[PDB]
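Entry below: contains bortezomib (bound form).
Letters A, B, ... are given to chains in the order of the sequence lines, protein chains preceding strands, and every chain is numbered from 1. In each ligand, atom 1 is the first atom listed, and ligand 1 is the first ligand listed. This depiction is restricted to one part of the PDB entry, and every contact reported falls within that part. Atoms considered below: every heavy atom in the structure, side chains included; atoms not considered: hydrogens, waters and symmetry mates.
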Amino acid sequence: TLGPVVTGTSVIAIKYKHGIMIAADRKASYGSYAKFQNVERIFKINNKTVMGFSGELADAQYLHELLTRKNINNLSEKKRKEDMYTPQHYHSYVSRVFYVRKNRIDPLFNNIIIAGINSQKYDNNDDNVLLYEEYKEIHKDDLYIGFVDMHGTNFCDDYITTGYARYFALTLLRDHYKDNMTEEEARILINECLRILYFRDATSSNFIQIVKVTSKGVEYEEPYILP
Amino acid sequence: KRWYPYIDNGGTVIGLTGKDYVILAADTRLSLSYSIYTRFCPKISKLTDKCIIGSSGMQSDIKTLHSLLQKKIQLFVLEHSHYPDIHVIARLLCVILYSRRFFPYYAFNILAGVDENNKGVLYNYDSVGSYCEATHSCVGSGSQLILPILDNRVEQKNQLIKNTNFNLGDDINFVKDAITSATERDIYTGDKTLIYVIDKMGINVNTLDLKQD
Amino acid sequence: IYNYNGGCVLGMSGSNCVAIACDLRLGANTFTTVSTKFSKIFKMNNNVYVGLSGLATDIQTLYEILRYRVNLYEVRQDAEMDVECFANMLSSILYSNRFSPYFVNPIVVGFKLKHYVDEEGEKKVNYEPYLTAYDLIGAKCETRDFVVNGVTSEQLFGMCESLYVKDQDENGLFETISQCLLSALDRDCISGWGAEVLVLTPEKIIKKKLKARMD
Amino acid sequence: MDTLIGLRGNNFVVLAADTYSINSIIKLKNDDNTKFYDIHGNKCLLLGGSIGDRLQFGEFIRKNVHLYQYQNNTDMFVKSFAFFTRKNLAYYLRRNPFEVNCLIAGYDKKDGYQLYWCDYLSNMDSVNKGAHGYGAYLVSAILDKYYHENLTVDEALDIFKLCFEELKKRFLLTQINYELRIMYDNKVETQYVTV
Amino acid sequence: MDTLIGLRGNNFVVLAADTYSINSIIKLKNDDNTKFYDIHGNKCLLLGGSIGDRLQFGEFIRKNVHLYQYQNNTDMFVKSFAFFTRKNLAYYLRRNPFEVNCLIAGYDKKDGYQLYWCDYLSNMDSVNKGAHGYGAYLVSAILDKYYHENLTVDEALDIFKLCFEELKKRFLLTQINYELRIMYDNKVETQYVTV
Amino acid sequence: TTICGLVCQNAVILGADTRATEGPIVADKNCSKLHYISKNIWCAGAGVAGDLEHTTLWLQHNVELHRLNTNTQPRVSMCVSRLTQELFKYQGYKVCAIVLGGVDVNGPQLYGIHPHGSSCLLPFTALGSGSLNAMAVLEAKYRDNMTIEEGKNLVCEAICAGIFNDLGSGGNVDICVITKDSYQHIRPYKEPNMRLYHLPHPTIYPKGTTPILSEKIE
Amino acid sequence: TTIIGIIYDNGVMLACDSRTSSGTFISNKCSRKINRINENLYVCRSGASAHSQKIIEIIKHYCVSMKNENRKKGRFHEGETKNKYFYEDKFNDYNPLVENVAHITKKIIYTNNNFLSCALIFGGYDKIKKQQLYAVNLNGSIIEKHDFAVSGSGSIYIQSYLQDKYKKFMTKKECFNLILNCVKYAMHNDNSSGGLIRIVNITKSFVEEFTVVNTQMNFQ
Amino acid sequence: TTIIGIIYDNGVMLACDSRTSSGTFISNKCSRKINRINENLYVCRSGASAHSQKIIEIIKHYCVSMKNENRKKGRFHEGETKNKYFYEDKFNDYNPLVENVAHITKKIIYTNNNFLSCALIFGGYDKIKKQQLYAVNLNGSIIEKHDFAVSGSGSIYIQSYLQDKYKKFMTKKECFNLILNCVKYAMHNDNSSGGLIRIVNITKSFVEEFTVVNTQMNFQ
Amino acid sequence: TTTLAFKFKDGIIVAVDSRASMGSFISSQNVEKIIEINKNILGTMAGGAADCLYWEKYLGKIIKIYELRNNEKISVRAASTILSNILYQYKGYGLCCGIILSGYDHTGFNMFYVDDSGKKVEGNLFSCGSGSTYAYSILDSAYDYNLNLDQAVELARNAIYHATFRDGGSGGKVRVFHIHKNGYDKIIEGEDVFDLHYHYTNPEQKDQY
Ligand SMILES: *[B]([O])([O])[C]([C][C]([C])[C])[N]C(=O)[C]([C]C1=[C][C]=[C][C]=[C]1)[N]C(=O)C1=[C]N=[C][C]=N1
Ligand SMILES: *[B]([O])([O])[C]([C][C]([C])[C])[N]C(=O)[C]([C]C1=[C][C]=[C][C]=[C]1)[N]C(=O)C1=[C]N=[C][C]=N1
Ligand SMILES: *[B]([O])([O])[C]([C][C]([C])[C])[N]C(=O)[C]([C]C1=[C][C]=[C][C]=[C]1)[N]C(=O)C1=[C]N=[C][C]=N1
Ligand SMILES: *[B]([O])([O])[C]([C][C]([C])[C])[N]C(=O)[C]([C]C1=[C][C]=[C][C]=[C]1)[N]C(=O)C1=[C]N=[C][C]=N1
């Protein structure tokens, strides 16, 4: 928490019609040395939310533990499916964690993104957290894409890219993103963002992990971009 | 290296008042040093039915000061069953800011509302508990560009005192002029602005679109 | 540019008349006044007016080197000197000192004297505003309308940006430069112990010292 | 550190200074110094700051001026002298600072009694009532209130007596001895005032 | 910055100080200050340095002493008082510096007229001729030459008059007003000397 | 300040925004960052304006002087060599992230230069604060060997990204096509502009107060 | 900036990557690193780009100022890997004109014995010593490597891999593969990974400049 | 300090060197690096020696404070390379007592999420996940390596050499040679070259601690 | 920022300007420096904005309680001492404030300068702030203690003008209060474009100096 040594890189989290599509490369670099090239930086902290990550890796695995145990604290005191913690709650809670530390001078260098489905209109009232058809349309207003800078700066949009894509993939998104995209439309748009990052961003690589938060759950897959 | 914990996200909060109303206008850009986080982050919050607060500091402190202030007002409502006058909210914010004097919020505030029949009153602060009731004020990156303008169209140090009469219909057009004149010339002043008008019946959130450059 | 020796300079353009205005304070220390007569606009030529602002030591030093160069050039040409070439002089004198710079922020205003083209006559000169600005390094930016430079720049960009309107006569241009200046010097504490507006026309020069606020 | 006061009417110029020589750690080395530098050409010059710089900027100017008035049978006007003193002081502002505060004075056949004012940075300009040093924070306001226009020379001394008791009563280091110069009727005379 | 002079014979103790209040940027705020802190138990105390620390170290000592003389029907001896004042000043030397210079004084039934001496660092010790502040560089030597043993109280004033004209004539900031305390025959009287 | 340029099938297209900022505010909203050098090469700098403006002016003439002594069209490979040599003597002081291009005996060549002196040869590049934004949209849609009317459109689309998504860049984009024979400086090229103008706001004739008014007729 | 030089049986290879990182932001892929001083000797520059620019400019000035100077007067010697972009050119042989590599390298120490942090590598053919391969350092410390030489930020990740796989007298084919795999590895696990890599093969009578565009996939 | 961990087919190796450099002066050759937390899991510590000392002391305190805690009550499972100094010892198998490696590693992050720069590597056998091999970092960033892990000053000189020679499922013999050659190379070209190297072979039913004393000679 | 006080023949004239600046820019110009502590004791803001506005409000709290529990009106000397003590607790914390706690108590007309470092001091003619040096200048040469209310406020207004005219950080509306044997009445809540009144009475030039 004195300085970042094992740092992640940019993540991108847009929302398409079936749910969120948050993507991130899988490299953590020990400065200028690609020490780890299979690290995962998109964790599931609920059956309906994920949590992005950028900056130093030592603090995700910190902030992962904080949420993942708050989640079970919810999961113990849940009687109805509407008692779950909406992704808004976490992003308003993570914002507190970053802000309260800014009162001190230990910020836990990060650019956490909180993304998930902020609604309960789709039955998942049986939580198999320990061990785990068609998508449903989502009103694009029930999807919450948070963001928290290491100064506490927080907000939500339709698409939040953090780390270093904020200069590269943000320009593509700001002029090619339209509401209610589709499955293959989002992936090719993101693949046209990361392919831009992989070319111009030194601290980023291939071997993308793409996570989609749909009406049925959180799904994973590991593409490998073709230049 | 030392992790300086203050940043200026920019934005400006124009304030203006009269015998019947107060006009509060703030942009919505929320920007880091040179990049832009978002095109719409409301810098203006309402506290009572007739009292709104606008801030132009660092967005973490802006939020955590408005959320904290509402906590101390809904608390006031529960214990006293009647909403606090603006004067009450005025001093209450002075203490909250000054309570953290030695690590101050980086949040310049303008507090606007009505207390008497209308008697439109408007306080402005500087990040440490120092409020002076004023006729017109603005805080933020564009503060240094707008206060000159408003001092030549509210207080008349002109030879012949014209426009001595001010009507809500025209003062909005003054504010829309100020918030737009600063928009070209200032860097951080936003792209979409929200104008709040507090008249005797309620608050109006009519909007205006500015330059995006 | 310092809070030491505060000062400000403004210039706007009209139909075919331009006006230059500046305060009159020589601030010894930042929060102290020791003169209310330190005019910061000089007649570099009969229609090339320069408005300096900043360190009052280098205002006069740069004024003298300009008057030394202009008078030298006017004599060697037998004829008067136009602004456009003079403006590029000032962008080289400042830049020659790029490493040990004069802390001045000059403004050059005055009529351009477009072609002696003489259509349907023996004399056809049409004056054009030609305002400009600079910086201590010497980077200019020609501007068809208002130019402001000084400590109060950010208090005057806002005032000029709204109150300015495209084309005006002198009797109205002076009002929108006097009211555009007076009401920005009432908001900066290191400048504004008396203003001076000097509107010039291709025929006459009108120099006024307004009734500013001695605060 | 040393107080310089300059006043000027339409028919007189009066300069004033404190005659202390602070110029050591704490010991008031000399209670009657020499700060003025009388030029022959009916001018004067008054300096402040460290005496190492007074003695070699004051004396350097006296030469180049006197050299000028001898090389050219004329006598330099005050305005030329005022803007020459500044120029040299500005010349050395980036080589050898010469931390001095001037108050040029003098009489002209054309422009009459001119007072001037130069800071340690070369900030020359004509004035009607100068002041320098930490004492300038206390005599300046006194000078404004009691300087009505077209003064007579005897009034200006009464203003100066009013300025001197002010420094003694309220200044940090209470100067008691002052030395004036009374330039009028083409008669540069001097007098010393205590308290 | 402020001059404190303390002298002591075998049948008198005399303290002296300048009554200025430098205590602002340059403005001589008050020409008649209060530095002494008369204790009832026929003692005294004289302080220097910033008045923010004089006012709360002087007043703090007056209480704990007066509290002592009331809690215990006795009156504290000078030596106990002298080594109590030092102790508290040494107590805070590493928490809140209290940049003050003392000159404890007083009379005892046993040890007679004792003068003391504490620096801003707590350096207590009995002496016969104290001094403090930048003026101590100029009155100390005067005190040695003219302090012959077994002085009479009227002589000590003549030494003090000799010390005061010294500061005015040669000190940096010429103190003119001084206030004395003349402790003898169990009569703590005071007088003010100008120049 | 965002400046991007790229090559085409037989011509090179420059481009720049138009504003100069004191850092918290803007100085003017129309400041041509393109800069003529010779009939067939142009440069479009960035960085501080004083060091930028005089570097080109010094170079604009030191090419003509060399073009007159010889009788050949100046070579872009030359003007880059004189820039880097002067820049490196001032290793980090004549800060000016210049990009220049043109045509010569060889094809359309576009050199990207940096303040220290490192000069590269690129098919497309972008400098200045918005270079991060400009390079993104520039690189995604760039295709080798395109045509002018889509080359111009892209570079206009490229800067238009740096105009919006950046704070240090704004105003009217503009372009300088540098085809083999001529140049096509198109100084205004787009319209990001203002919104509201309620009234002219003129003041009545007797304002101010003017204790003195000395009027002189020459 | 990874950068390599290998000496096979009858010629010297000089690879490099192509990337100019400036604070985690790729200023430009596809940048020249294997420069061309004379027909036979090539410079592989590294370190700060600005500094390496002037040095190559100065050397190209010197190597021409003496290429012509050491010309004799009269007539002489009248007795006789996907997407690999390849092209070769020949010398003007017998090498009487083209000056030795050892001068060019030792000319660097004199030139860059300054505060000018560049770390070049020189590889060429010569008449007297067949194929030499020097390694100037930051302060100008040339040592004539006889086996191989690496430098730049990304070299140290393949130091051991090179010393293990490097045989003594290798053929052009197996020297190419080794220098191809070396730069690729120094790119896979380093944040100064170029795009295309520019293998250059200086040999007795010709110089062929390959360019390779490829990545790594591992079965682990 | 070079330091390695390789996962062969049925067990995990954990090499290291033995040298404590303190400013170019060898404070001591032959120092322990492969510590012993419990019978099955060993810690390979690196970085500052003082910091790594307390951490191992704390962990040995925790790993005992819960080794006994997770004991069930009743009776259970009643149904059934020159100068290489070698010795092996056996477990107390069925592993009900000995706690999982994943705790010990994740217990580190909580412990050394401080200003305490140590870079451990954990290797052990376990009941649930057979042989795991973690890599704590300076700020406590554990990532479960599945193939190999290196750290310390001298590791980066064999990064590529390891990724090339590492097959997927290796036998004990050929995993030993690879981990022997790896540490030797990280020693040949690094100024934190230990003396003897301490290869350790945690496997299903035993733990054998080799020590090797050798150098490198190359034919080039 | 300026301030005065007199303790003249029959009361006290506390007079201030009304400017409040942030470096160069003028944040506000209708700020009320004078603060009513008691019906008789009235303070004066200066130096830092909050670090003096808050404490004289805080000192307002302390006196209201004490004046209630003992039901005797506090004295200036007691009021000043309370202020300087709590102001002492923040030596190194950067508090900046200079307060002139003028007022009237049972023991006549008192007056007390207070600074951020507990600089409590009794006097007659204090003045604090950037322009205080010029304010002392005018008073010392004119103050007489036998002035009547008419020409005393004229003198107080005269000083505040000369301070604001000469100083950069002082200007705007001038206030001039007065203190009877009980209470206080705001004699002037005034104006500041009156250079053209005192000197340079007839506007015909610029008043060069
Ligand atoms: B642009 O913002 O870089 C702009 C381009 C200029 C050539 C017209 N220049 C500036 O903004 C600079 C500051 C700067 C920004 C980014 C990099 C380097 C420098 N300021 C000026 O150019 C300037 C111009 N006129 C007056 C004052 N400053
Ligand atoms: B390589 O990465 O070192 C590369 C080789 C060069 C010859 C093109 N250069 C650079 O990376 C340098 C950065 C650097 C890396 C390592 C040490 C020192 C410097 N590139 C730059 O400095 C640069 C180039 N252009 C613009 C800005 N900065
Ligand atoms: B290894 O070299 O890192 C070694 C491993 C350690 C567990 C015995 N330790 C050290 O080298 C350190 C020096 C060091 C190297 C690299 C980074 C940080 C520190 N040894 C010491 O610090 C030391 C040990 N004993 C006495 C003095 N210093
Ligand atoms: B006065 O000018 O000192 C003024 C006192 C007024 C607030 C009661 N205060 C200030 O000017 C200070 C800075 C300062 C300048 C010169 C001398 C001493 C102090 N700044 C503020 O008071 C202030 C006001 N509003 C916002 C921020 N800061």
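- Lab note: main contact partner of bortezomib (bound form, ligand 4) (name per the PDB entry) = 20S proteasome beta-5 subunit.
- In this entry, the covalent bond from bortezomib (bound form, ligand 4) runs to I/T1 OG1.
- The molecule name assigned to chain C in this entry is 20S proteasome beta-3 subunit.
- Applying a heavy-atom cut-off of 4.0 Å to bortezomib (bound form, ligand 4) picks out B/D126, C/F31, I/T1, I/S21, I/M22, I/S27, I/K33, I/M45, I/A46, I/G47, I/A49, I/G169.
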